[PDB]
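Heading - NVP-AUY922 complexed with Heat shock protein 90 homolog
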Protein chains: 2
Amino acid sequence: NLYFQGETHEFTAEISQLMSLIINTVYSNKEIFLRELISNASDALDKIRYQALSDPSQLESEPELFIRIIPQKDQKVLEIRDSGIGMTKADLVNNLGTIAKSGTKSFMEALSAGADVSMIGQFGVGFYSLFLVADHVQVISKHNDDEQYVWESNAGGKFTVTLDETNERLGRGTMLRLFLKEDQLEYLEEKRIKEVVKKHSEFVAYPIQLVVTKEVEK
Amino acid sequence: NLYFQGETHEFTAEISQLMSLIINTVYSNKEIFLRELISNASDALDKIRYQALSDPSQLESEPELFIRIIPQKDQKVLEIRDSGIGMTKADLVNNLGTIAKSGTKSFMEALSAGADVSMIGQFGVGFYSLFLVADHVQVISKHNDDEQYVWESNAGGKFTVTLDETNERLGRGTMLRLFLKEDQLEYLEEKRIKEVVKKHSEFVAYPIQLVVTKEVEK
Ligand SMILES: CCNC(=O)c1noc(-c2cc(C(C)C)c(O)cc2O)c1-c1ccc(CN2CCOCC2)cc1
Ligand SMILES: CCNC(=O)c1noc(-c2cc(C(C)C)c(O)cc2O)c1-c1ccc(CN2CCOCC2)cc1
């Protein structure tokens, strides 16, 4: 019996470590990670927007279309949430598999031809750019036709997409939870986040909301 | 400027994690790791034996040719030492790079064609079979023409081959230090090691020594 034929998703976490090494060596300015996450959220928002055009009940799970950035300073986590179409369990497996396969292609090309700062133009590298600032990621998603699921890059053992009985309920859409590297904590600060959004995501056609909790120093 | 072209050694640790996942799924019986380590030691012993044939001073750094297995129960480490030719710093870099490149080939083939228990016949898979029982490895080596060097698969950060100012002095040769998985501690036991050596390494033409420290229970 044969194992792993075509089963690239089984290696998603390992392939991400290869891509993290490449992309962090190539890009010293990490801030483009946020552009890429917002662009992927925008695409998922377009999908629900067009489906709901002929079937508005699809919006009732989360009637507003938005992208929402929530720094969690105590946890050193940056959360990016959208109310896009979301992913069923099978969608999440299939999308991670495609992302993983594109990573193998980008990694093999780096070895054969070398990598430079144009690599951000390659399919899938936008996802891996989250590892410019994060050492670990949780991808949480809720599609109208399925339950809430989560994939954790740091989960020990076999690749798994787990029924989410732990995180807050998304009504619909996707949240990436970025566990930031100790040298990239600037991206938990409101001023820095706003600078990066205005610089790189001006033409995104959805509201980008920033949720900031701070103790009042008295 | 281009990064990583041909620099497969830079990914040795990440490629090993891919190979570890494949080989542990394919092989439920882990014991062949020892056959493969002994076979690589035997090859390095042949090289010093033939060089010393015309230049016996090469043996003076370690005059006996042997393979030596040392369980370190307290550390959950199994050490395999040989008095082979050893590797200079550049040899260790070059051999890890070749091993890493063969891993990329085996991993891509597993995805395209599937992997089965014949994969042990592929170039380089013998090295990766150490991850049947170990989660981490240190490769320590001393060649007559260089200082003692070490590579650590679990060392954080950039691939590096470090001048060894920590471990015991090898006079000449190579030691792999295997940090065993919690479910593979049977391979620290003398009875088990001896069974595996007799079964799989009968035709190795060097003495295989086993060094066992035990408290006398009184
Ligand atoms: C069944 C259809 N479902 C979706 O399209 C969907 N729902 O949520 C998606 C998001 C995925 C990501 C990461 C995992 C790529 C987000 O960061 C944000 C999302 O909303 C998401 C999505 C899926 C794929 C893509 C496009 N690819 C292109 C190649 O790599 C990155 C993503 C963009 C968004
Ligand atoms: C400059 C020449 N130096 C040597 O040949 C040498 N010295 O020490 C060697 C050992 C390497 C390993 C691992 C890292 C492969 C050992 O386990 C034991 C050795 O003695 C070693 C060696 C190097 C290469 C090989 C053969 N390859 C074949 C493909 O993968 C495994 C190793 C076998 C042994």
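A note on names: the letters A, B, ... follow the listed sequences, proteins ahead of strands, and every chain is numbered from 1. Remember, it's 1-based here, ligands and their atoms both numbered in the order they're listed. So this one's X-ray crystallography, 1.9 Å, going by the header. Only this structure's heavy atoms are used, side chains among them; waters, hydrogens and symmetry mates stay out.
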Checklist entry - Which chain letters have at least one heavy atom nearer than 4.0 Å to any atom of NVP-AUY922 (ligand 1)? => result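 Non-hydrogen contacts: A.
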Next on the checklist: Just curious, which residues make up the binding site of NVP-AUY922 (ligand 1) with non-hydrogen atoms under 4.0 Å?
Outcome noted: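 With non-hydrogen atoms counted, the site is A:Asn40, A:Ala41, A:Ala44, A:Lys47, A:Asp82, A:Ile85, A:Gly86, A:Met87, A:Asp91, A:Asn95, A:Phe123, A:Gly124, A:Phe127, A:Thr174, A:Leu176.
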Next on the checklist: Can you report which non-hydrogen protein atom sits closest to atom 21 (C) of NVP-AUY922 (ligand 1), along with the distance?
Outcome noted: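 Protein heavy atom with the smallest distance to atom 21 (C) of NVP-AUY922 (ligand 1): A:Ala44 CB, 3.8 Å.
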Next on the checklist: Would you mind checking whether the entry has NVP-AUY922 (ligand 1) attached by a covalent bond, and to what residue and atom?
Outcome noted: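 Covalent partner: none.
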Checklist entry - In the PDB record, where does chain A come from, organism-wise? => result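 The organism in the entry is Candida albicans (strain SC5314 / ATCC MYA-2876).
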Next on the checklist: Pairs of nitrogen or oxygen atoms closer than 3.5 Å, one from A:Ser141 and one from NVP-AUY922 (ligand 1): do any exist?
Outcome noted: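 There is no such contact.
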Next on the checklist: Give me the residue, atom name and distance of the protein heavy atom closest to atom 24 (C) of NVP-AUY922 (ligand 1).
Outcome noted: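 Here the closest protein heavy atom is A:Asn95 OD1, 3.4 Å.
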Item to check | Nearest-neighbour protein heavy atom for atom 3 (N) of NVP-AUY922 (ligand 1), which is reported as residue plus atom name and distance | outcome: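 The closest one turns out to be A:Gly86 O, 3.2 Å.
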Next on the checklist: Under a 4.0 angstrom heavy-atom cut-off, which atoms of NVP-AUY922 (ligand 1) come close to A:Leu176?
Outcome noted: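 Near A:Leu176, meaning under 4.0 Å from one of its heavy atoms, NVP-AUY922 (ligand 1) has 16 (C), 17 (O).
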Next on the checklist: Is it the case that NVP-AUY922 (ligand 1) has an N or O less than 3.5 angstrom from some N or O of A:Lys47?
Outcome noted: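 It does: an N or O of A:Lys47 is found under 3.5 Å from an N or O of NVP-AUY922 (ligand 1).
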Item to check | Protein contact of atom 20 (O) of NVP-AUY922 (ligand 1) - nearest heavy atom, named by residue and atom, plus distance | outcome: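 That would be A:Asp82 OD2, 2.6 Å.
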Checklist entry - Is there at least one pair of N or O atoms, one from A:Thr174 and one from NVP-AUY922 (ligand 1), spaced under 3.5 Å apart? => result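 Yes, there is a polar N/O contact under 3.5 Å.
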Checklist entry - What protein heavy atom sits nearest atom 4 (C) of NVP-AUY922 (ligand 1), and how far away is it? => result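 Checked against all protein heavy atoms, atom 4 (C) of NVP-AUY922 (ligand 1) sits closest to A:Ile85 CG2, 3.7 Å.
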Checklist entry - For atom 31 (C) of NVP-AUY922 (ligand 1), what's the nearest protein heavy atom and its distance? => result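 For atom 31 (C) of NVP-AUY922 (ligand 1), the nearest protein heavy atom comes out as A:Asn40 ND2, 3.6 Å.
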Next on the checklist: Just to confirm my output: which protein heavy-atom neighbour is closest to atom 11 (C) of NVP-AUY922 (ligand 1), and how far is it?
Outcome noted: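 For atom 11 (C) of NVP-AUY922 (ligand 1), the nearest protein heavy atom comes out as A:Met87 CE, 3.8 Å.
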Item to check | Nearest protein heavy atom with distance in Å, relative to atom 29 (C) of NVP-AUY922 (ligand 1) | outcome: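 For atom 29 (C) of NVP-AUY922 (ligand 1), the nearest protein heavy atom is A:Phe123 CZ, 3.3 Å.
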